[PDB]
4 protein chains.
Amino acid sequence: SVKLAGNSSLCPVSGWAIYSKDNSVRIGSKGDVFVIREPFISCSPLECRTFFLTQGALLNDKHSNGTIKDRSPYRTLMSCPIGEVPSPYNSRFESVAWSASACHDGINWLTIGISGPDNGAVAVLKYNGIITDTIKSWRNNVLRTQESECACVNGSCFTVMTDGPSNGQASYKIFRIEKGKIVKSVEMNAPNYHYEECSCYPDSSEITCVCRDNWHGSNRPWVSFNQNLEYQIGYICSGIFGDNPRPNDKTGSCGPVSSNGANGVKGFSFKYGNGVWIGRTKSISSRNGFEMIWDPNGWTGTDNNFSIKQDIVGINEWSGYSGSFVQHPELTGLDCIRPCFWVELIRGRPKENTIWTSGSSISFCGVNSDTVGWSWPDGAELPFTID
Amino acid sequence: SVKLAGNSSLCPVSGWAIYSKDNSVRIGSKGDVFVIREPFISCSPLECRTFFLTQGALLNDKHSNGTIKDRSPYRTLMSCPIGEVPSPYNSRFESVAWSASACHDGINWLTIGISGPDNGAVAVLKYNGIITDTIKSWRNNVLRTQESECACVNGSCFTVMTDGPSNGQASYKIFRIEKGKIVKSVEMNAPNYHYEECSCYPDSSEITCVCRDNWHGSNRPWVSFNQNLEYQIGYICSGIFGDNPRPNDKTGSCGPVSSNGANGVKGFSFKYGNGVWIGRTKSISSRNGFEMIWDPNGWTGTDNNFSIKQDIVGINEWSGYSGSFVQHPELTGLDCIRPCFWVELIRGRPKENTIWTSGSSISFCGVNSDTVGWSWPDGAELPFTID
Amino acid sequence: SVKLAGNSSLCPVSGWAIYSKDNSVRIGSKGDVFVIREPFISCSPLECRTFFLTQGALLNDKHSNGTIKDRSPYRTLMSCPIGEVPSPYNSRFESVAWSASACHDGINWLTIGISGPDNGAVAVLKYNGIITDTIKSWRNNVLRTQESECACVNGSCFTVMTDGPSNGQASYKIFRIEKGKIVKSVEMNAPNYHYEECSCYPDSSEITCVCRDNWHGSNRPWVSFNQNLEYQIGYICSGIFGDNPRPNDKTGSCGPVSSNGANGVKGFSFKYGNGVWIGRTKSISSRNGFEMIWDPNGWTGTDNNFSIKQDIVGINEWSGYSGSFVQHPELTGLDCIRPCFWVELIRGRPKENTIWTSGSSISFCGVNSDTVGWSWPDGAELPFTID
Amino acid sequence: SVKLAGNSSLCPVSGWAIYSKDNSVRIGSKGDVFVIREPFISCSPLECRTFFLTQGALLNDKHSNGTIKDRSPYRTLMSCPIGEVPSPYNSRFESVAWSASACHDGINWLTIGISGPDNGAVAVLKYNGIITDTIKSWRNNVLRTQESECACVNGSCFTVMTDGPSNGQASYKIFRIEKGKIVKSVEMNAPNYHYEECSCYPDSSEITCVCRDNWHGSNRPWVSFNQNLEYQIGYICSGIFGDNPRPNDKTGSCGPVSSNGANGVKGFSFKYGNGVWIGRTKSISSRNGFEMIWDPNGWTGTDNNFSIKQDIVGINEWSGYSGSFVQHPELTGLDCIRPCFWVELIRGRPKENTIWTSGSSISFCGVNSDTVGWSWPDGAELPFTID
Ligand SMILES: *[C@@H]1O[C@H](CO)[C@@H](O[C@@H]2O[C@H](CO)[C@@H](O[C@@H]3O[C@H](CO)[C@@H](O)[C@H](O[C@H]4O[C@H](CO)[C@@H](O)[C@H](O)[C@@H]4O)[C@@H]3O)[C@H](O)[C@H]2NC(C)=O)[C@H](O)[C@H]1NC(C)=O
Ligand SMILES: *[C@@H]1O[C@H](CO)[C@@H](O[C@@H]2O[C@H](CO)[C@@H](O[C@@H]3O[C@H](CO)[C@@H](O)[C@H](O[C@H]4O[C@H](CO)[C@@H](O)[C@H](O)[C@@H]4O)[C@@H]3O)[C@H](O)[C@H]2NC(C)=O)[C@H](O)[C@H]1NC(C)=O
Ligand SMILES: *[C@@H]1O[C@H](CO)[C@@H](O[C@@H]2O[C@H](CO)[C@@H](O)[C@H](O)[C@H]2NC(C)=O)[C@H](O)[C@H]1NC(C)=O
Ligand SMILES: *[C@@H]1O[C@H](CO)[C@@H](O[C@@H]2O[C@H](CO)[C@@H](O)[C@H](O)[C@H]2NC(C)=O)[C@H](O)[C@H]1NC(C)=O
Ligand SMILES: *[C@@H]1O[C@H](CO)[C@@H](O[C@@H]2O[C@H](CO)[C@@H](O)[C@H](O)[C@H]2NC(C)=O)[C@H](O)[C@H]1NC(C)=O
Ligand SMILES: *[C@@H]1O[C@H](CO)[C@@H](O[C@@H]2O[C@H](CO)[C@@H](O)[C@H](O)[C@H]2NC(C)=O)[C@H](O)[C@H]1NC(C)=O
Ligand SMILES: CCC(CC)O[C@@H]1C=C(C(=O)O)C[C@H](N)[C@H]1NC(C)=O
Ligand SMILES: CCC(CC)O[C@@H]1C=C(C(=O)O)C[C@H](N)[C@H]1NC(C)=O
Ligand SMILES: CCC(CC)O[C@@H]1C=C(C(=O)O)C[C@H](N)[C@H]1NC(C)=O
Ligand SMILES: CCC(CC)O[C@@H]1C=C(C(=O)O)C[C@H](N)[C@H]1NC(C)=O
Ligand SMILES: *[C@@H]1O[C@H](CO)[C@@H](O)[C@H](O)[C@H]1NC(C)=O
Ligand SMILES: *[C@@H]1O[C@H](CO)[C@@H](O)[C@H](O)[C@H]1NC(C)=O
Ligand SMILES: *[C@@H]1O[C@H](CO)[C@@H](O)[C@H](O)[C@H]1NC(C)=O
Ligand SMILES: *[C@@H]1O[C@H](CO)[C@@H](O)[C@H](O)[C@H]1NC(C)=O
Ligand SMILES: *[C@@H]1O[C@H](CO)[C@@H](O)[C@H](O)[C@H]1NC(C)=O
Ligand SMILES: *[C@@H]1O[C@H](CO)[C@@H](O)[C@H](O)[C@H]1NC(C)=O
Ligand SMILES: [Ca+2]
Ligand SMILES: [Ca+2]
Ligand SMILES: [Ca+2]
Ligand SMILES: [Ca+2]
Ligand SMILES: [Ca+2]
Ligand SMILES: [Ca+2]
Ligand SMILES: [Ca+2]
Ligand SMILES: [Ca+2]
Ligand SMILES: [Ca+2]
């Protein structure tokens, strides 16, 4: 085993090739599939895994009742191989958690699982399944983290956590973790910014995170930093607005776009100089559809012009959260860090007339070979028997 | 790990010994078994696996409705150990796919999964589960492939894909793939031929494929080629016609036999000089029954005489697709490439009054020791509870 | 890996310590557990496995209907770790089979699976899952074999097969198999003997088999042989009669005991000079109960006196088949071959009012430390929902 | 593989970080989950496992009827990875048992499973799954053991067993076991003490056990000993009484506290010089709630003062047994033996109106970093469909 270097650049990509689809909700109509939300993908040097927050319940069973609820003592972070349904019969137990992150440094898995009360939650860090550190809420108001993979460079892994209001100014911290132990942290000085649910990836030995402003931004905030946690902050400038909800596309801002700014959805983007690959919902108002857009000046420029759009999920179909994941050269044999992404396809409450909420997933990897747009939706027929 | 050499000849065989039977449909009446079609077997130097195209659904569940439909965004290529039922609890996720192939080069698995819209489908190639290439539709008319194993010689693996009409002239391409990357391709110049769903195997460092003419041939077309993709084409000459439907046996042709030539079924045959081992249905008109026939001059000669017939599935029982698979010396310890075959046993629509279509499988390997004919049919009692 | 020597003597034992219990039928009331009969245990240098003949159906499903029937094209030889229920989700596929044997030579598993028609059945031999030989019926009347483990000494494994009537004189052959290939066979010259379903074990480089006389013997026949297949034959002389059905105990015979001789049950015994450890049902008329009896002169002496009885299953509870299995020094670290046994606990038809027949199992290993009698029955409550 | 040294001291700990939660009962409402009680955790140098006593039945099936009953021939010791539900599809079979212990010496697992009749029960010892010893009841009155992990130092593992009344003086024995063989034992001379269900851990090459007085003590008895089995005995002195039932806290005793002393619950404590970490129920009278208390003089001092309390399960929620488990340096990389604990959350009879009794579990590990109190209860909604 060798630590992931993390020192190559992100691979340039022209489009997105489909990588996985689990069909979890369709399969759970009969099979024994966990009720889950907040899935994400992360890879080791040998395999990729889907992590997810269970609700300690199975689909089509009465204990799925009320699973719109975000935080409970029953939620657990578990993982299974990519593309398989999350069952009790194929899932590794990771941590007790209602908010999470995970990443592999080339040697072992780091998992971060937050549980406990809203006023005093505690993140439990594990390295190779052994508890190695904890960090407690510093603002006493729902300590919470990425819901996607952390990022690793040369034996150090990095994450972001938030504590404070989800509808006003909060507090945001960056962490450097080695072998599951926090070795450095800093509080971001980000007045008038809001960071939730960061999608962070490594690129040329530095970390870039694209997040969710739940307070007053319909474009996405970003934070980038080096191994010593020297950081920069901004908002994606493109008028191709990335959040949901959002306005119709128009001239953007390099600060928070107030129009339709409150609320949000976890997402991601990939920076390539001045340009950006944006994944977003197709609907401006609801978690419906998904598309990939290449805007060659959208990181730093405010116009609403773009060059390429690739369809992923059709506008009338359910989508949900999305997040980055990477494939390092140690896994692929390539000379660059490959960007990939996943989409959560949320079924049930609040939009559908069920007792439960759960998701399935799809994922894609960036290539420079030919690709095509389509719709790969969840495909379950609701309601279910239990509803 | 060492590349398969693929340089020995096919083992001579006098009969077919039963190797596996999964009983999937029987077991799926209660257990959590995928709705599948287009199964196939392929081996590594250590094990054999069943690959298959799921429908993103389980047997005896409502989401199995409409599974006569061939292409959807829910279909996935997955695999499980040979002889086990395909379940979410024992199946490896391979690719998102409504047409597929796979093969092991001695080092890692190559999978090929085609998804996307009919007018612009994309094959995603993976090597050890990592995307290594893509190829897009070149005729914009259902890019499609073998539905059985590709063939590997000395670190290069080979497949055939078709694009264009299934009821007229189409376009057929041969590919050479190394570590999941396309390194050579050629378009077969085959006016008046039709190639679908090729069953391809290695034999003395060259590849032989026996395929399905869906346009106007009731005998099977073949294509053989070396590593440089220098190819030859023809049709199996025997009057023991190989396709389904077909006429009653009579004097054959080394070109397409027009009588009952439209439509077809995936199949295979094994060439031994002038001779041929033909696997075919027992019914001339329907996907019923299965048998193996040794015709010692049937590759190159048009008579309707043969020497051996071995019963596999009775004429009153449902059959389906069939395909070759091989066991190389690196797996068996033999001095020759062993020929084997599988049969898909299709249940449900259109022949039976169900909401769904699914298959089970049986397989056999060639031996020079004593064998026997019998019928090993699917055995499920239809309809099911869901119907 | 090293071949099992097989040259030590059987360990002397004073009693039987409980080793496993699977509770398969109780668990299959809800879970996905195969309908099985003819289970047996066999060990490698690293683990022990339960082998069994499925009916290609699950408990409590309609396809379990009619499973009193012995031979069908749906039956398969599968295996799982000892003590686990046989499910599609934990079982390795071995062979298509309605009669079987298996054993590990220290390097790889040999499996023998007989399928095909009653008049022409064929045993398929596999070594490490690859077909290595076949043998066809020589009398055209249900070729059949042990339904328990074969026996291995120094790289050679040994079995017995029968072909011919189960109610009159038949033909019995001994086989020596190396790396899955038959290298020698002999027909036993056993006029007036009847051998079915032999339980064979190694002891000081020679094989001893204790079998079932279905024709006219209520004591058990035996055959012992060396590596060159030089054999001896006899019947267990004890008046503690071993078969079921049988008479009440009384003076025995060193030939077949005619009283209640027709029919039978598979069983076993362990020879220790003139003495014998006999496992038998408690009922003289039905497959009910089970007990272990130490008769210090019962191999060669005809009295009905014995020294020790250990209860295993109570007289009012269902039992079934039983068989030997051993644990070699390569597995245990001991200086002798440890004797063990299993019992099949048959539920359903013919004795119970169900549509199905299936079994669970228990097993024990011989020790020289303290032990105790009890009853470890199946414990399912019949009928089931499907009945 | 190397023997665990067991020569470092217990790690000092300021609080308890949540490690696992299985949600078994919730999941078993639909999935195939064993009815279990008497779970426990134990670790190797590579992983931690949950061991448990099944009832040979699944939740929400008829065979779960009557599972308030403690001892039957259907109960089996099995194990699964920590945090996963105990299912037939993920559980290793260990032993036939209605009382058990297990522990890993660094090389292989030792399991101890007691079965047989109440008047003559036999413990079967296995090492790497092979029977290595037995010990029979010496008082003919329910030979029984820890229901939690045994303790290993330098290749010797240690346990305690009891035989005789649970409501009066009984007989208690300590065992030293090497490679699954009993090499030493001694009968504890403990007139007027009562020891049941010991929770034993290693600490500086010696073993400390904290147990249950079911006769006449509401504080917990302890026994400590070196590798030669030279032992000391006493009761935890603290007026923070550890058993359930118990009185309200008040001045304690270093002998058995008679008030509310009959009956009990399995538990544990960790000694740190004069101090103690006590895990106990929150209710004085019922198996409800759970908490950890640090009493810095509570091992040797009788006051009812303590310094820290951490909430684990709320007073209105069901709890159950609890026990210690450790993580050795060979697993963690630490310089001390880490203390952890599990809690069984009992559902069903006698407190709830069901046909069955079963449990789920939670576990925590000791840390010197920040922690928080909460309630992590079972969460199933009873009764179930079967009731
Ligand atoms: C998922 O959770 C939902 C929400 O709890 C649940 O639906 C609810 O089911 C309950 C039980 O059927 C309903 O509660 C009843 O409502 C009626 C009508 O208002 C009341 O009269 C009932 O109270 C009487 O009966 C009780 C029991 O005898 C007495 O204790 C009480 O004093 C009254 O006499 C009772 O409250 C409730 O109306 C529904 N709610 C909705 C929106 O449907 C659903 O069943 C759960 N699903 C699963 C699978 O668990
Ligand atoms: C397991 O297998 C058993 C045995 O087959 C099966 O029980 C049988 O079920 C069938 C279907 O219910 C029964 O067959 C019927 O018997 C009646 C009474 O004799 C006949 O009148 C019926 O025939 C009429 O109806 C048919 C259908 O419309 C017509 O085709 C026919 O011409 C007649 O009009 C029919 O034969 C049979 O009686 C039982 N047998 C027993 C012993 O119960 C059982 O249901 C199977 N269980 C499972 C779970 O699969
Ligand atoms: C088939 O390919 C094998 C594997 O490469 C050939 O065997 C090798 O031959 C070369 C050149 O003569 C030797 O240097 C190697 O030592 C051989 N390797 C092994 C593992 O045997 C073989 O000659 C080829 N052809 C046939 C028909 O066997
Ligand atoms: C199988 O699928 C068909 C096609 O969707 C279902 O038919 C629909 O059923 C709904 C509910 O009754 C109606 O609103 C539509 O009129 C039907 N559509 C069509 C196109 O027929 C059918 O009900 C499904 N069958 C089962 C057994 O699930
Ligand atoms: C605990 O046991 C370890 C393991 O045996 C001891 O470390 C060994 O000490 C011996 C004798 O001094 C050396 O020869 C070995 O090289 C040591 N082995 C290892 C792996 O370190 C250690 O001294 C003991 N005690 C404590 C408190 O650590
Ligand atoms: C749970 O087990 C009890 C005890 O065996 C069952 O009670 C028996 O039920 C049968 C069928 O009604 C009767 O013949 C007996 O009179 C009952 N025996 C006793 C001792 O009560 C009970 O029915 C079972 N309950 C469930 C829900 O399965
Ligand atoms: C608590 C604020 C946070 C970010 C806005 O809300 C998230 C929004 C969610 C959402 O918008 O769907 C679901 C998340 N499970 C929830 N996170 C937690 C920890 O509860
Ligand atoms: C699309 C043409 C092609 C070959 C004739 O049709 C196949 C025939 C089928 C058939 O004859 O059963 C089923 C195959 N799933 C289908 N392939 C695809 C990709 O849809
Ligand atoms: C065919 C004769 C043979 C030995 C007497 O009958 C066996 C008896 C059986 C029995 O007595 O229960 C069940 C066996 N499954 C059957 N064997 C086969 C191959 O059918
Ligand atoms: C038999 C006495 C013993 C300790 C008091 O009872 C235990 C108490 C139990 C309890 O208090 O819940 C359940 C245990 N399963 C039981 N142990 C056995 C072996 O039956
Ligand atoms: C990246 O790190 C590797 C691994 O240590 C090192 O050898 C290489 O020089 C670095 N430089 C790059 C990618 O330019
Ligand atoms: C990677 O980390 C190691 C360990 O701290 C350090 O010695 C080395 O300089 C680092 N390499 C780079 C390229 O930063
Ligand atoms: C096999 O491929 C290797 C690597 O390309 C090549 O050098 C070698 O010549 C090939 N062997 C044969 C027998 O063609
Ligand atoms: C048994 O065989 C072993 C392994 O080859 C050999 O070394 C030994 O001498 C034999 N003799 C015995 C058990 O007496
Ligand atoms: C064991 O078999 C090997 C291979 O045939 C042989 O050379 C050896 O003599 C045999 N050993 C004994 C003790 O029979
Ligand atoms: C550990 O056990 C070994 C083997 O018995 C022994 O020789 C050694 O002295 C023991 N070590 C300690 C530290 O007691
Ligand atoms: Ca089920
Ligand atoms: Ca927003
Ligand atoms: Ca732009
Ligand atoms: Ca045709
Ligand atoms: Ca011919
Ligand atoms: Ca008889
Ligand atoms: Ca005698
Ligand atoms: Ca007490
Ligand atoms: Ca105190």
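The sequence lines are taken in order and lettered A, B, and onward as chains. By the numbers in the PDB entry, the shown part of chain A spans 82-468. Shown for chain B, in order and in the PDB entry numbering: 82-468. All residue numbers given for chain C refer to the PDB entry; the residues shown span 82-468 in order. Numbers in chain D come straight from the PDB entry, and the residues shown are 82-468, in order. Note that ligands are numbered from 1 as they come in the structure, with each ligand's atoms numbered from 1 the same way. In what follows, every heavy atom counts, from backbone to side chain, and hydrogens, waters and symmetry copies are set aside.
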> Report the name of the drug found at ligand 10, as recorded in the PDB.
oseltamivir carboxylate
> Specify the chief binding partner of oseltamivir carboxylate (ligand 10) in this model, using its name in the PDB entry.
neuraminidase
> Which other chains does a heavy-atom search at under 4.0 Å around oseltamivir carboxylate (ligand 10) pick up?
D
> Heavy-atom distances under 4.0 Å decide this one: backbone, side chain, both or neither, for D:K347 against oseltamivir carboxylate (ligand 10)?
neither
> What atoms in oseltamivir carboxylate (ligand 10) come closer than 4.0 Å to a heavy atom of D:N295?
5 (C)
> Could you say whether the N/O atoms of D:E228 and oseltamivir carboxylate (ligand 10) ever approach to under 3.5 Å?
no
> Which is it for D:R156 and oseltamivir carboxylate (ligand 10) at heavy atoms under 4.0 Å: side chain, backbone, both or neither?
neither
> What do you reckon, does D:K150 put a non-hydrogen atom under 4.0 Å from oseltamivir carboxylate (ligand 10)?
no
> Counting only nitrogen or oxygen atoms and a 3.5 angstrom limit, does D:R118 reach oseltamivir carboxylate (ligand 10)?
yes
> State whether the shortest distance between N or O atoms of D:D151 and N or O atoms of oseltamivir carboxylate (ligand 10) falls below 3.5 angstrom.
yes
> Going by the closest heavy atom to atom 5 (C) of oseltamivir carboxylate (ligand 10), which one wins out of D:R225, D:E277, D:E119?
D:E277
> Which residue owns the protein heavy atom closest to atom 10 (C) of oseltamivir carboxylate (ligand 10), what's the atom, and how far is it?
D:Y402 OH, 3.0 Å
> Checking a contact table here: which protein heavy atom is nearest atom 7 (C) of oseltamivir carboxylate (ligand 10), and how many Å away?
D:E278 OE2, 3.5 Å
> Looking only at distances, please establish whether an N/O atom of oseltamivir carboxylate (ligand 10) is found under 3.5 Å from an N/O atom of D:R152.
yes
> Give the residue list for oseltamivir carboxylate (ligand 10), heavy-atom cut-off 4.0 Å.
D:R118, D:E119, D:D151, D:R152, D:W179, D:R225, D:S247, D:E277, D:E278, D:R293, D:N295, D:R368, D:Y402
> Please produce the table of protein N or O atoms sitting under 3.5 Å from N or O atoms belonging to oseltamivir carboxylate (ligand 10), one pair a line, distance to 0.1 Å.
from: oseltamivir carboxylate (ligand 10); atom 1: 11 (O); to: D:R293; atom 2: NH1; distance (Å): 3.1
from: oseltamivir carboxylate (ligand 10); atom 1: 11 (O); to: D:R293; atom 2: NH2; distance (Å): 2.9
from: oseltamivir carboxylate (ligand 10); atom 1: 11 (O); to: D:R368; atom 2: NH2; distance (Å): 2.8
from: oseltamivir carboxylate (ligand 10); atom 1: 11 (O); to: D:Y402; atom 2: OH; distance (Å): 3.4
from: oseltamivir carboxylate (ligand 10); atom 1: 12 (O); to: D:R118; atom 2: NH1; distance (Å): 3.0
from: oseltamivir carboxylate (ligand 10); atom 1: 12 (O); to: D:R368; atom 2: NH1; distance (Å): 2.9
from: oseltamivir carboxylate (ligand 10); atom 1: 12 (O); to: D:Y402; atom 2: OH; distance (Å): 3.4
from: oseltamivir carboxylate (ligand 10); atom 1: 15 (N); to: D:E119; atom 2: OE2; distance (Å): 2.7
from: oseltamivir carboxylate (ligand 10); atom 1: 15 (N); to: D:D151; atom 2: OD1; distance (Å): 3.0
from: oseltamivir carboxylate (ligand 10); atom 1: 20 (O); to: D:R152; atom 2: NH1; distance (Å): 2.8

